[PDB]
Amino acid sequence: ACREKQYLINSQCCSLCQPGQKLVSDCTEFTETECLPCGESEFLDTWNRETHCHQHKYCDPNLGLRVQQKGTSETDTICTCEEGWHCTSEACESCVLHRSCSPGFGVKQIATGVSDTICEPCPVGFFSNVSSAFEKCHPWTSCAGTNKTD
Amino acid sequence: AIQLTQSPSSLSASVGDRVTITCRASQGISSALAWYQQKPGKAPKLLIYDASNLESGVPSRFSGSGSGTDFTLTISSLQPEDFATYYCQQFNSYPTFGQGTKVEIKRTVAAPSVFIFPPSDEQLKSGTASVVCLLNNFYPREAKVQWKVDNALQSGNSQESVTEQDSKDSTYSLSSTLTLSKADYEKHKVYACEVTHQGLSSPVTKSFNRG
Amino acid sequence: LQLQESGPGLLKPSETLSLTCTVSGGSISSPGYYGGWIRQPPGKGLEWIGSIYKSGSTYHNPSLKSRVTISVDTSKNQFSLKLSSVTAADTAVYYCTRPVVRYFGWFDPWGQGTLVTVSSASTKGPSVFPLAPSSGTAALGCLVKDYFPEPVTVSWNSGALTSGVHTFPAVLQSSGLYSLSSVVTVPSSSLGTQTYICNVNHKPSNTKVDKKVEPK
């Protein structure tokens, strides 16, 4: 019954608040809609009549998140995984600490941060002594060896 | 929290009658009131938003008004499919609803068809016996059932359930279930359900013999 | 645009409640898309649990401080609720919804609602016995006995037959097991001609039964 970027109150076609800004009070026949900015850690990404700004995403260090792009009054924080942490989904929503590779297995491919340590059976003639996310299968040196001992 | 008080909380009304329900807010909520209709076993259905804007798809007999502290929902000609509970809610602060206003349809008096059903055989193998009496399509809701086993007034071994008012014909129906062991069920022969209702001139009694 | 709630209909005291709301017919990614959780104890009023913007930003009823987690999964087009340390007080029909213009409302559309019962008692499937017609119009039915938890679903002739049907509210027996009947009136001259089957679904116990009702 009205235009885009407007809403209908009391048969009055009121303006919505622009992105960046939240509704403080509705228009009247004599007053425009009253909008104020969102605080530093909040945002509002649409033409709105929302009274509480969305909180920016917290990039929690305790879930392997760190800030990538910082929030604005119009846009959310974007997070990403810290070094040492990879995405649990191809839609990186939370981060798992890079897995390591137990003895008798070596390292095919080191963790990306959008992918986990890829891990390979140490073939006959090769061993891994310990568990790390880095060290690979090594040969037995010349003086028995096992998948895990020289 | 903002409290919303609806007046009244319950009402009987006739088809064609005009019904107004009010919603008083404990504080000003500007125009941010909505009204919902809930039919039994169904979710609330938006009727009205921003106090007076009627939701697309909803009939025009429904209208909204008010501002600040006092709101009204008005139904300008109650049809039978309007039986429901009506709720206002505010979204000026963190959401709160009122207690609801139940709307019953007043209609002509209408007598129950009464039926009675014996235990099924499979149930008796199981060792218990449920005898069921059905009061179908009656008005008003007020009704007495009574269980007589070989003319003995039964007491405290029955339970009843009642349908929500029908959306078309504004009737209620009732089930009474007499429960007793297979043991007692076989000690007796004549099983009677007696029904007393405003639309009956004398109690109606249906019954069966085991056989 | 529709919403469906999914979760368990039975849950013990102190366990955590986990519900999920699935959105079809529209994407949760659109600007302005919020989700919300409302609930309603049986035969009582409505309480808002919380709302969430697709961003993940969220508000919730202060009356559930430190108990409510609400999450959004853009990828699967779902949003969720966790209610920790549940009590009989949280038995209710839980509804997911779309807060339309802000966190606080209004709410449109809703989902069907999923009942959650908080109880120590074990799940259990119904016995279904016919309510046999004897002798205008006749009445027949099915008695659905000794089940827990609620609800049970009764149709007739796979949906074919809706006229004249009354499924009564379940009644709770001494045993702490529910019981209802579904009945229907039909023309007497149908009795030995039409076939009358009642279809009972108790999802909590994984029982679907179809009982055929004959003149005894």
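Within every chain, numbering begins at 1; the chains are lettered A, B, ... in the order of the sequence lines, protein sequences first and strands thereafter. All values below were derived from every heavy atom in this structure, side-chain atoms included, with hydrogens, water molecules and symmetry-related copies excluded. According to its header, this structure was worked out by X-ray crystallography, 2.7 Å.
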Trainee: Which of ociperlimab, daclizumab, cemiplimab, aducanumab, bleselumab is found at chains B and C?
Mentor: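 Here it's bleselumab.
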Trainee: So, counting contacts under 4.5 Å, which chain has the most with bleselumab? Name it the way UniProt does.
Mentor: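 The chain with most contacts is Tumor necrosis factor receptor superfamily member 5.
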Trainee: In terms of heavy-atom pairs under 4.5 Å, which chain of bleselumab engages chain A the most?
Mentor: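 The chain of bleselumab with the most heavy-atom pairs is chain C.
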Trainee: Any idea what organism chain A is from, going by the entry?
Mentor: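 The PDB gives the source of chain A as Homo sapiens.
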Trainee: Identify every residue of chain A lying under 4.5 Å from bleselumab, counting non-hydrogen atoms only.
Mentor: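 Counting heavy atoms only, it's A:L8, A:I9, A:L23, A:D26, A:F43, A:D45, A:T46, A:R49, A:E50, A:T51, A:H52, A:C53, A:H54, A:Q55, A:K57, A:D76, A:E93.
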Trainee: Report the residues of bleselumab closer than 4.5 Å to chain A, counting non-hydrogen atoms only.
Mentor: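 Those within the heavy-atom cut-off are B:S30, B:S31, B:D50, B:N53, B:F91, C:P31, C:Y34, C:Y53, C:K54, C:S55, C:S57, C:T58, C:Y59, C:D73, C:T74, C:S75, C:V101, C:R102, C:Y103, C:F104, C:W106.
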